[PDB]
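Notes to accompany the following structure.
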Amino acid sequence: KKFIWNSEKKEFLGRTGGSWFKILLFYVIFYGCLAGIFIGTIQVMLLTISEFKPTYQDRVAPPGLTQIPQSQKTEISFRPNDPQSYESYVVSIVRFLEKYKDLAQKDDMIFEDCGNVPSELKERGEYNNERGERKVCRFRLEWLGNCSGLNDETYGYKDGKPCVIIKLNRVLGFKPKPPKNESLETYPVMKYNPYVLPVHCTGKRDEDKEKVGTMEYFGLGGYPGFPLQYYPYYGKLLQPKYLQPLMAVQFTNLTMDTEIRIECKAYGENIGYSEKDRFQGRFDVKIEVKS
Amino acid sequence: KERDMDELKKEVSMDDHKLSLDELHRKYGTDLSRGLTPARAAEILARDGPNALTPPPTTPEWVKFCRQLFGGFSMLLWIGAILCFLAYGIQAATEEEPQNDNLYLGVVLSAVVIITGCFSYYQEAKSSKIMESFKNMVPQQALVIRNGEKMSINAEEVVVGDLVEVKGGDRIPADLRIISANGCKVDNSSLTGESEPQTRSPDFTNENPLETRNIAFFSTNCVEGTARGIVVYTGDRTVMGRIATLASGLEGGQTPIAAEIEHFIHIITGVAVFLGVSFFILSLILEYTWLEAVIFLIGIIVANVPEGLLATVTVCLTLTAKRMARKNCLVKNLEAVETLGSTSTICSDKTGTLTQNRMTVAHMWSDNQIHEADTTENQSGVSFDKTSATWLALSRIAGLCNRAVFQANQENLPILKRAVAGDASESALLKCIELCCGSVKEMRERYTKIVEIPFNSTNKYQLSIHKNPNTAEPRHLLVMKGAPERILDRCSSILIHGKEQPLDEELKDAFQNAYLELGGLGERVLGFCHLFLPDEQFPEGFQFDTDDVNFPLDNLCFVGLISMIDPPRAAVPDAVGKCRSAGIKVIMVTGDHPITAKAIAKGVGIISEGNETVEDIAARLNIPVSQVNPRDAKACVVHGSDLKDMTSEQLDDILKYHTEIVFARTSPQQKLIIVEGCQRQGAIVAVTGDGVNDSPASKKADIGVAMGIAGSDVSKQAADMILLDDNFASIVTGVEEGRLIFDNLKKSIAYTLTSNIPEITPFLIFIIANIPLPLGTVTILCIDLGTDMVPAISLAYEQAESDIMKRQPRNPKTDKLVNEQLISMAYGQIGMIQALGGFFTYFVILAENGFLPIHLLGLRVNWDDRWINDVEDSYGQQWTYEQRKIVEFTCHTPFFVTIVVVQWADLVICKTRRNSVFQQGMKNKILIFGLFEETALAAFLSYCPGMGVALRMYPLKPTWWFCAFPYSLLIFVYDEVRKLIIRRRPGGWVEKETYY
Amino acid sequence: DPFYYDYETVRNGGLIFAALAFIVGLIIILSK
Ligand SMILES: C[C@H]1O[C@@H](O[C@H]2[C@@H](O)C[C@H](O[C@H]3[C@@H](O)C[C@H](O[C@H]4CC[C@@]5(C)[C@H](CC[C@@H]6[C@@H]5CC[C@]5(C)[C@@H](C7=CC(=O)OC7)CC[C@]65O)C4)O[C@@H]3C)O[C@@H]2C)C[C@H](O)[C@@H]1O
Ligand SMILES: *[C@@H]1O[C@H](CO)[C@@H](O[C@@H]2O[C@H](CO)[C@@H](O)[C@H](O)[C@H]2NC(C)=O)[C@H](O)[C@H]1NC(C)=O
Ligand SMILES: *[C@@H]1O[C@H](CO)[C@@H](O[C@@H]2O[C@H](CO)[C@@H](O)[C@H](O)[C@H]2NC(C)=O)[C@H](O)[C@H]1NC(C)=O
Ligand SMILES: CC(C)CCC[C@@H](C)[C@H]1CC[C@H]2[C@@H]3CC=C4C[C@@H](O)CC[C@]4(C)[C@H]3CC[C@]12C
Ligand SMILES: CC(C)CCC[C@@H](C)[C@H]1CC[C@H]2[C@@H]3CC=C4C[C@@H](O)CC[C@]4(C)[C@H]3CC[C@]12C
Ligand SMILES: *[C@@H]1O[C@H](CO)[C@@H](O)[C@H](O)[C@H]1NC(C)=O
Ligand SMILES: [Mg+2]
Ligand SMILES: [Mg+2]
Ligand code: NA
């Protein structure tokens, strides 16, 4: 009963030829109308959103804190001798900082020299298109001391005592608000509390905090944070080739051949945290310089 | 070698009854008047086994529990669970930090099968429990004569070859060989199907042991008289013993509903494996390795398995079975409730099933006029004119001259079902007088009987003389009854409206033609006469000692005839008509005499008034029956004597060319042959019986219908459906519900099958477009096993869009439960719109949160990664892992809500297959609550405190609830106009392609 | 700030609606 394939009375796979044509034509017109309907409604949906601002921005309330070596498990394990062991790290660091070279930021019509000292926020009018393409404040690699260098095409970084820069999640219209001068025990930091978003790294328990001997921070003018003169962000459409602030962190006194945990927590009022997202506000890393 | 045993049982029985008394006693070594010594009896007792059929094969409860965990649907869900654990093992051992989705799903599917098994098993067990409360096996003792002494012992303690005496009222212990009888009449109704009490004579009469009179049978009760006999067969070797053993060892077959389930699963898995395989190949062609492709294959195939359809279908069948139990129409099988709707030929039993299996006064002949008394089983018909002196005289002759009286407890019982002592005919007469003439107690004692004359062996007649207490005439009243041919010889006066007239042939010939009317109608006629004795020639003190001529045998005054026969049950005629209206071939199958079976068939509807048999044509033409052509006769009577000498082809021809068939004088084995012949046609057969002869016929049939009280226990166990009320109209209710639930099942299936497209399509594009997952697994479970459960179940409560009792029975090879039309509607059109609505809500949520729909392409590589906490959206923002994942889950939740929204309109359109929503109307209150509960439950699953923590179902922004509304409206509009064109264009395009 | 959504009020209203529609459905199947 499963050989209904054909017969001398015209049937193919179960039905005739004229019936196959009728059904195929109906399904083509039907699905064509369905596709056109879905496309029209999706077009209406596209017309309900603007080009300069996302309608809902509450799902990104607490900004993240990422790093340059996007490790597979936020772990930095390599050998201070073998150059191929740490190739995966340096490759990503150079590719990340390739847009921060002095030659990339050369046009004066889209770049603006903010300053050598972190200043107040820079609001360039409203988010509409009434104004032209906004300017982006420059950030040369020289600000991250001891983790930038004047190396060749390959940034000869630190083999012993590695470097790990941190970055604040670029958010549209986000205005960072550092903690008040009434700092609730924020781990010794400079007195430049008003024009820079502080970020302080530390261990995680009594063991990690002891293994990590000394840490050296580098930033704009030497402050461990992000300057407010680079915020807020005005979207990729109005601010293409935008360069968010960077801040490097070097772990000088590390216990080689030992995996130690580091938590770089960014402090501020507009910076939230989360017990489920270890990246919202804070940042984790597992360094192990095995020789 | 059991095949040989069952074959030797299918053969008709044989015997050695035709033997002289000396030969029988020499063969059995038993005295004729003393039987045998008790030691000999005990020796045979511990030689073959007690005289009782071996118990049925016990079915342990763990066996049928495991049975309800399997079959075909449950088996599919089982392979689904196994495939889930297979994909889980491959994902566990092959990749880093594996997900627990396949494992959660595996244990969930396993639990679904187990719970469904427990529910279904509890239902079948409930029916079996109430059935066990029906065994009222009363230990009956037999009267055996051994060593020359009479003794009552247990029937099990009876052996072979010994004298056994039976009294009128005692049940025949084992199969006996009658040796000396005296007015013995036994009831072979439960065994061979003979209606009137067949007498038993010690002399051999017929070669057939069933028709002979020198054999008493197992389970037959001696109606009247006394008899003696030697035990020939014992235990299981007895006639009814071999019948019961045959019924237990027969095949049950495959119900039509189960076959439809098998076909449904074939198509489900066909498209499931097609999509899984083609997508496996597509995945390997893209970039995914063998590992990921295997995981995708299993996911796609298992996703196309309706997980919740098992329980919904089971509960649907259970609901209809509940309605069956409410009307005392019990079904031992949970799915046998549907078999009635698929039936196309009903093989019914006459005596007991169609008829009431009880002799009842049918017609009377008073004043040269026929009067039809009420013969219903509950007295609801027309009553005759009971106001003439002729009726008073006739009723007095019947109530006085009769050997029938009630018993002790016959008080709070109706006039019909009450017990009477004596002859069956006399019982019928007593009930008729006790019903249409007041009472017979004071009516009989008012006329004190002086001298009686019982019925004679030859020249039958029963007479008696009584005193007359009338206040007008002190003369004695003589009454007599007998066969009409015997009363015409002893009468000369005729009663008419009160006065007498001579035996004028002008009206006497009319009496003869009326007698031929009642006799040719398959009834037993009895003439009643009386006469006033001259008190001057027989004073009030004379005693009419019964020796010589003291009563004028001739010149009596005949009053009228009184016929009687076993009448059909109350709703039997109407019910039969209903079954013929639905297009079901009603075939009578019985072992009764043809002269009565033909008349009963004409009286119930099996034989239409106007159609003639092959013999009727020849009789009308006064020509031999071998001349007429069988094609000219739409109806035919088949005698069992001729049925034994038949082949399969001949029977096939008998069924194909004759629309009204009446199988008479058929042995139990031949009944089974009739059912098998009807099954060879490829049609669904249902057998309605009561006696032990109907046990094999009810067992082999697709569904056996037994009577809850008027049926033997064997056939009642071998059947699949029991009628505790014995109302045959239940058959009609049955064929109605079967078709009803069938169509409703189609609807309920299409509904669950529609949600599969929007359940799998998110994963398919997740593989193709490499975009984030639009629909998660947990939300899919909230749809298949959460919300849609109540709408799918409420779809079973749907009523008839048109008169189902008007359409013909569904063809098995044509009208399938699930066909290509259903799939074309659900998987092809509706589920497609639902999927598009889900993707719309998906893109809306992502675009409004900053991820343009075009930007989501190829983003899964960086999305599914747990450490890329800087994924760039369309506005240049960097989203952490848990932020965008929160968006994905808060995108799975409204996707599920979107499915509920499209399921609203999908439920409404599936509610009406052909009619419109405005025609049928939202009168199904259970469905209304289905929508309310479904909607409220979805909202609760999204807004309860902790859903995003337990089920990862984050709350929804109120705009998402309207993201699917136009899609649902469009679904409703398209299906509504489709049904509209099905109505206005009942031709072929919109009907043969969409109407499923 | 426009980065804060009053999710608590919406969730509360959703729960109230989920209770009202359900109890109304219960009244639906109980025609008395
Ligand atoms: C070596 C290299 O590795 C790099 O990591 C990669 C690499 O290992 C490959 C790896 O692929 C996974 C991942 O995409 C997850 C993907 O889940 C999909 C199939 C597996 C799941 C469990 C899942 C949820 C949905 C789930 C399926 C499993 C099937 C389902 C149960 C199915 C259903 C069946 C049903 O009855 O109802 C629904 C539909 C979809 C389903 O609900 C969806 O399964 C894939 C197999 O992703 C890693 C991130 C890193 C670095 O580059 C390194 O150098
Ligand atoms: C950057 O690295 C240089 C080494 O190349 C550091 O220079 C040393 O600084 C210490 C004082 O901290 C002096 O005692 C050494 O003589 C210096 N050596 C050289 C070769 O210059 C420098 O301190 C580092 N910068 C920071 C901010 O830590
Ligand atoms: C850097 O860390 C080293 C430890 O690795 C410190 O030197 C140790 O000091 C302890 C006493 O506290 C001695 O017992 C060890 O022998 C020392 N080890 C070495 C290698 O010198 C050192 O003081 C730290 N220096 C700074 C600037 O933090
Ligand atoms: C683009 C779509 C929504 C427009 C299609 C028009 C639809 C919505 C209109 C066209 C004809 C209308 C129907 C006309 C016929 C009937 C039967 C009547 O006794 C009650 C009104 C009722 C039930 C109407 C309901 C709404 C209806 C189906
Ligand atoms: C087609 C019509 C008749 C169906 C009637 C049900 C519709 C009107 C109901 C069912 C579910 C309802 C939603 C239930 C949940 C939410 C969250 C709540 O905090 C705001 C209201 C909102 C957004 C409702 C809007 C109206 C809604 C879509
Ligand atoms: C914070 O307080 C310190 C003294 O406690 C003072 O030197 C410093 O200027 C203050 N900064 C601001 C921004 O008020
Ligand atoms: Mg499903
Ligand atoms: Mg019967
Ligand atoms: Na059966």
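Every chain is numbered from 1, with letters handed out A, B, ... down the list of sequences. Atoms within a ligand are numbered from 1 in the order they appear, just like the ligands themselves. Scope of the values below: all heavy atoms of this structure, side chains included, with no hydrogens, waters or symmetry mates. Looks like X-ray crystallography, 3.7 Å, at least that's what the header says.
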Name the macromolecule with the most heavy-atom contacts to ligand 1 in this structure, as UniProt names it. Sodium/potassium-transporting ATPase subunit alpha-1
Drug present at ligand 1: digitoxin
Help me out: which other chains have heavy atoms closer than 4.0 Å to digitoxin? A, B
Return the UniProt transmembrane segment numbers of chain B, counted from the N terminus, that place a heavy atom under 4.0 Å from digitoxin. 2, 4, 5, 6
What name appears alongside chain A in the PDB? Sodium/potassium-transporting ATPase subunit beta-1
